[PDB]
Amino acid sequence: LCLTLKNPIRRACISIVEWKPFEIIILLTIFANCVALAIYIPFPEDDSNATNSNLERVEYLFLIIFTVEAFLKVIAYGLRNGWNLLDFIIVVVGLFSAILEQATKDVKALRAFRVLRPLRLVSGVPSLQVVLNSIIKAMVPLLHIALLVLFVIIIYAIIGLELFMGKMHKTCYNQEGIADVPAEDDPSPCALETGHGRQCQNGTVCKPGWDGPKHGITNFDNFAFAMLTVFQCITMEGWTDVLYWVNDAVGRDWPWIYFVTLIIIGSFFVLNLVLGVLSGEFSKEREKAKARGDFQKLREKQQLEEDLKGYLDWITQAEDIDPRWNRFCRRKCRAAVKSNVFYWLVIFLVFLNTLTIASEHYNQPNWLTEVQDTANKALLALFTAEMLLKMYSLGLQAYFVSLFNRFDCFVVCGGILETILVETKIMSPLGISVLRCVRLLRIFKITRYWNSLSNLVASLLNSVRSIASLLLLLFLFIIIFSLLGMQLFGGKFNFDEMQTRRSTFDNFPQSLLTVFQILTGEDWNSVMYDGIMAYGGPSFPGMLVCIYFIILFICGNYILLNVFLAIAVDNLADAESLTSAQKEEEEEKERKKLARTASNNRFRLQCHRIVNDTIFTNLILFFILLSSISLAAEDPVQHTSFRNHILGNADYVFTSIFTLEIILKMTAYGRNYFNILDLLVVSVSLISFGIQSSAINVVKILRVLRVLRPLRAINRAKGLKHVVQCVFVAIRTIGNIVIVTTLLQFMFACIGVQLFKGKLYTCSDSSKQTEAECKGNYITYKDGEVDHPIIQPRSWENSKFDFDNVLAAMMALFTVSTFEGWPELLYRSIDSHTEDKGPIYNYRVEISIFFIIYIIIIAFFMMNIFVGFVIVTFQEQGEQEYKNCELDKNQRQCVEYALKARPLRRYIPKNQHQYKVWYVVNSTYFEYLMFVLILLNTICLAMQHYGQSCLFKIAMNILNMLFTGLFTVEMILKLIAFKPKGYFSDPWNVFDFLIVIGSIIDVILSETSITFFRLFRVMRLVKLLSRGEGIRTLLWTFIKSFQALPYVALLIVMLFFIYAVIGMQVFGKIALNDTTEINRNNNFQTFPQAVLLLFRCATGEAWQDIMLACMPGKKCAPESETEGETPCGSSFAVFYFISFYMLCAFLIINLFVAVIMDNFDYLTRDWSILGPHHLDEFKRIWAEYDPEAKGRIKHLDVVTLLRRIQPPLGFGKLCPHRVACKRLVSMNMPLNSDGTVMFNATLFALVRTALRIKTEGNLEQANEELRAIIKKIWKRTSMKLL
Ligand SMILES: CC(C)OC(=O)[C@H](C)N[P@](=O)(OC[C@H]1O[C@@H](n2ccc(=O)[nH]c2=O)[C@](C)(F)[C@@H]1O)Oc1ccccc1
Ligand SMILES: CCCCc1oc2ccccc2c1C(=O)c1cc(I)c(OCCN(CC)CC)c(I)c1
Ligand SMILES: CC(C)CCC[C@@H](C)[C@H]1CC[C@H]2[C@@H]3CC=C4C[C@@H](O)CC[C@]4(C)[C@H]3CC[C@]12C
Ligand SMILES: CC(C)CCC[C@@H](C)[C@H]1CC[C@H]2[C@@H]3CC=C4C[C@@H](O)CC[C@]4(C)[C@H]3CC[C@]12C
Ligand SMILES: CC(C)CCC[C@@H](C)[C@H]1CC[C@H]2[C@@H]3CC=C4C[C@@H](O)CC[C@]4(C)[C@H]3CC[C@]12C
Ligand SMILES: CC(C)CCC[C@@H](C)[C@H]1CC[C@H]2[C@@H]3CC=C4C[C@@H](O)CC[C@]4(C)[C@H]3CC[C@]12C
Ligand SMILES: [Ca+2]
């Protein structure tokens, strides 16, 4: 009993009264310890107050309590538990820190263990323990993804180390010497005159001796810096900063490949991998939950509540019948509610209330607020009257039994209280009158799929327990890391720079806000840089602290994806399935009612023969492609060029051929909605000729309308139209969530308008607190130097995104929900003081919850609901294939593999010396030696550092030559072992051969530059990825899935093309300028640059800033040619940049899930039972027993064949000459000769003996079944007939 020996009971009588009362006092002690840790405020440079001293005093009490508890629990038994060892080490480290603090007086750094005490609160309650274990157990399948991410990070770090090796160290120094790097405020790297980078064409010169872009933290100077930069880029946070810095230090044409490929491979592909693996795991758990019958409990309770709703009023209807005026009164009112007019009346009143609420804005007219107040009072009175009419008619038990009627009742009861409270001047309105807009969802009742939304809410209310437990786990994780961050960076974020940091760890609320901002992944690298500079800096011991921001980013973004996706998936796997269970009851029941009550020289010779043929079908597809290419190659920045002349003239013939084709189209038919489209587009193209001098506004909507050229090829490309149709179907399916999310967004926007109506204004200098004061000039000091003053004008400006009215609030909340620039908006809204005034530092921190709750509800919950709904909808679309035969989706594939299998060829040659080298090469020790040598070579490669010694470089070159020569030696022997005619018949052998000859030419060039071939040396490391079976199979299956669905990605390609063109035609002129989001690096001036900008926006880097930088009121380039001051730049940027972000993202969700879809077979596999992986090794073990594919085996070979098969496929460690061989020989094998039994026959016999066995005499049943529902067999199983 985990005790064995028992010491005398005289002092071990402790397990008697330690069950009920000793299990809770310790939990309260832990809670008090957490509160005390939260109260502690870290001061910079040993400062303190009274509260810190009191807390340090009570820490002694907590330590003695925990030590007494540990001693009592240890005298009970001599710690082996996982969660008790943690308590023991916590208490021992606490004692050590306490004695060190008492004796020596880093001591303080040692007490960072205190943050582990809240974690012990998990162990107290098993309800959180089980959910924590469920969260943890999902980490095992993602270890392969983690290893892949590590390998790609290492490879890209080495490649970037080779490419960008200390190049980011030259900048422009305006002063005659190196004093204060006089290059604006944030200097950028530059290149010398002989270089291809950026040269400052000013009075300044490019001179080396520069620390680096981000204080020397972001650069590929050595392996650690390069790896950190690659990770920070792969997290898709500030990768464009690194890209632009490299584009300034080196040329702009080469290094985009590195970052674009890194983003595509290490971010999008990895996210797809994670989503697929997690979806498979959740589907497996959902299928496992059927045995427990969780869905049965929800189903019975669903059909029971509707019984009570229709029965309580039924007996209430009996009360209304006279066997008093009261019953007559109740009868009239009861039928008044169920009149189909009262419902529309209350809907109209709700819409009127929404109209009244949504009409509030900054400095609204007085009559508007008077009508707002009187209409609000009238509508509140009418809604109270509606409440009274409904409650009296149905009754209290018949009213509160409805879930919705519990919502509007609370809404009215709280709204009247808030109304009176605001009326009596207690506080500004909170906004609780806005949630009356939820009742506007009652319109869905008339439409179909109202019950589908009700099923989701019912499932959520059923699973509220698990939802609360998961949210508690997330909150505890956030609290623990906030305490750790407060301990590590408490008061260390105070540098000399004029702008004090807002995202610090000074207080507990500030630490919570910073940790939440890091978890959302927005500007987390800035916090990491501040934390690095908080310590010594870019040195060896001052950089390790960066790992704190890595685990928090890795262990946090993971937890969310197992908290808000699972909740989204399971509660959507119930409701949909729930809606699948009732939707037959509403069909059979009526069927019960129905079953009772009812009882011209235009022919295919010279004008149409070569029209409908595929040749003409795909000949015009090439011409549509060429027309699109010509459209994409225009020059927007200049209106009159010879380049625009040829393409502006090449379309004249292009439209001439297309117009000719339309003549061939009017004769064939007298017309669906496709052959008009092109015609209509063609009908627009002729206007291009009829312009003359009227190019004022007609062409401004004529040239932009040319982007419809690519999208008319969907009709002529079968498969693309199918994908578009599937996309439209998915849109119509997801509308049910889209409308609800939009309504919730509108509600939050109204609340935000009520909160920050005009409060976000600020003046240029913080001294002036009103617009009247904010006038004239003021004096600002450059870089916080009292001796460097500059006059600057005083400006009274609003926020970039404000809450002045409902539309501005919706824009701001959208930019917040995209996680772009939300910390700045949060910290600007924190300072909002009064309706028309300026900001006060940290006036209301508590308003931050508004920006947090929203992010929890819209950003994290609604989006995950969206993704899970897409996943479940696609799964049910792929699952409804009504093929319910005997073989249940597994034996079908097993029999297919058994039929489509063949032994592998031997290729074991004679000429024993060649056979001797073949035996040497194939040995596993040789493969281990190669893996060791590859690791050594990549270690040598990952050792070069900036500022290295010349002898170091010579030694590295010598080692490179030695390793390369050894690899050529290995390649030659291999070649002689496998012969040139068979050595190259392997995907990996050709890969190795190209690298070796690619690593030789540059070796020759070393003694004679170009660095393209050097990178080949790194690529050999990818061979190490082909060693683990699971990761290799996962990668290969995902790659095949991507190969099988090209048109889904073609949709994203087409969307990128169209938008780009649109951006080139509209925003393609705006002048390039620094200190602006439109510069040499980010612009619409060329098609590749527009594509790069759109990729940047799809990644979501600073798109909310490019939108503002594309606003009207900009000058544009002198290349394009009175009134041209700044009349150049449109207001389309609101619809252009928002819609794109909502479209592209959706398309990506379409590409991910689909790729996941057709790959469920691997994702939900249950490797324990038989599967294609198990049957794969049969060929590998019979390859050496069959000279070729053939199909002829040895009768005696079965002796070792039966032994070599694994227990999952064959038999365990039992004796071979036993019932296994008896059953193998006793069954009905084909009636061939002694050893002329063919491979697939034996394979089918083995797979039949493994599972799915039947009585003798049913072989012909399998024979007819393998041709009825199983795919074609081509009469190839003649030798397998018996
Ligand atoms: C890659 C994105 C920006 O390009 C898109 O356009 C997609 C269309 N938008 P999306 O919102 O991507 C953001 C989510 O990435 C999660 N993330 C990432 C790495 C990780 O290790 N763990 C993890 O949870 C996350 C941090 F939670 C975010 O919520 O799409 C999704 C929406 C819901 C669920 C999954 C993806
Ligand atoms: C089908 C054509 C329009 C697509 C679309 O319409 C919506 C209306 C309301 C809410 C969402 C959408 C929507 C999206 O497809 C969509 C939008 C966003 I924002 C979104 O989240 C991505 C931004 N952010 C996550 C919070 C990433 C950091 C996702 I996933 C899907
Ligand atoms: C059912 C709901 C969504 C309907 C709400 C629509 C009406 C009431 C809203 C939508 C957009 C709003 C406008 C948005 C912007 C401005 C500009 C501002 O200088 C005066 C107010 C004004 C003109 C708002 C008045 C109210 C408005 C017209
Ligand atoms: C996230 C939690 C669970 C674990 C992460 C470990 C972090 C917090 C720990 C592990 C190793 C630690 C570092 C180890 C060594 C040094 C050098 C010293 O001169 C200052 C502290 C510093 C820089 C530590 C900072 C905190 C640190 C980075
Ligand atoms: C599959 C689709 C997206 C491929 C589209 C390829 C076409 C549109 C691209 C590929 C290469 C591109 C060219 C590459 C380089 C330049 C030089 C630059 O000074 C003007 C644009 C110009 C001339 C580009 C025009 C557009 C272009 C021709
Ligand atoms: C990724 C695997 C396979 C190879 C890389 C692991 C080892 C060899 C790497 C990891 C960290 C690396 C070190 C990181 C930092 C420096 C400081 C620099 O001034 C000289 C090189 C030196 C000392 C690197 C040498 C190589 C190194 C020790
Ligand atoms: Ca960002």
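When a residue number appears, it is its place in the shown sequence, counting from 1. Order of appearance sets the numbers: ligands from 1, and atoms from 1 within every ligand. Cropped entry; intra-crop contacts only.
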K.L.:
Report the name of the drug found at ligand 2, as recorded in the PDB.
P.N.:
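You're looking at amiodarone.
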K.L.:
Give the name, out of astemizole, sofosbuvir, flopristin, iodipamide, of the drug at ligand 1.
P.N.:
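The one at ligand 1 is sofosbuvir.
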K.L.:
Write down the macromolecule with more contacts to amiodarone (ligand 2) than any other chain, named per UniProt.
P.N.:
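By the greatest number of contacts, it's Voltage-dependent L-type calcium channel subunit alpha-1C.
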K.L.:
Which residues form the binding site of amiodarone (ligand 2) (heavy atoms under 4.0 Å)?
P.N.:
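Heavy-atom neighbours of amiodarone (ligand 2): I731, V738, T741, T742, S817, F819, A859, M863, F866, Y1141, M1142, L1143, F1146.
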K.L.:
Per the deposit, which organism was chain A derived from?
P.N.:
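The deposit names Homo sapiens.
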K.L.:
Would you list any other ligands or ions less than 4.0 Å from amiodarone (ligand 2) for me?
P.N.:
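Found ligand 1 (sofosbuvir).
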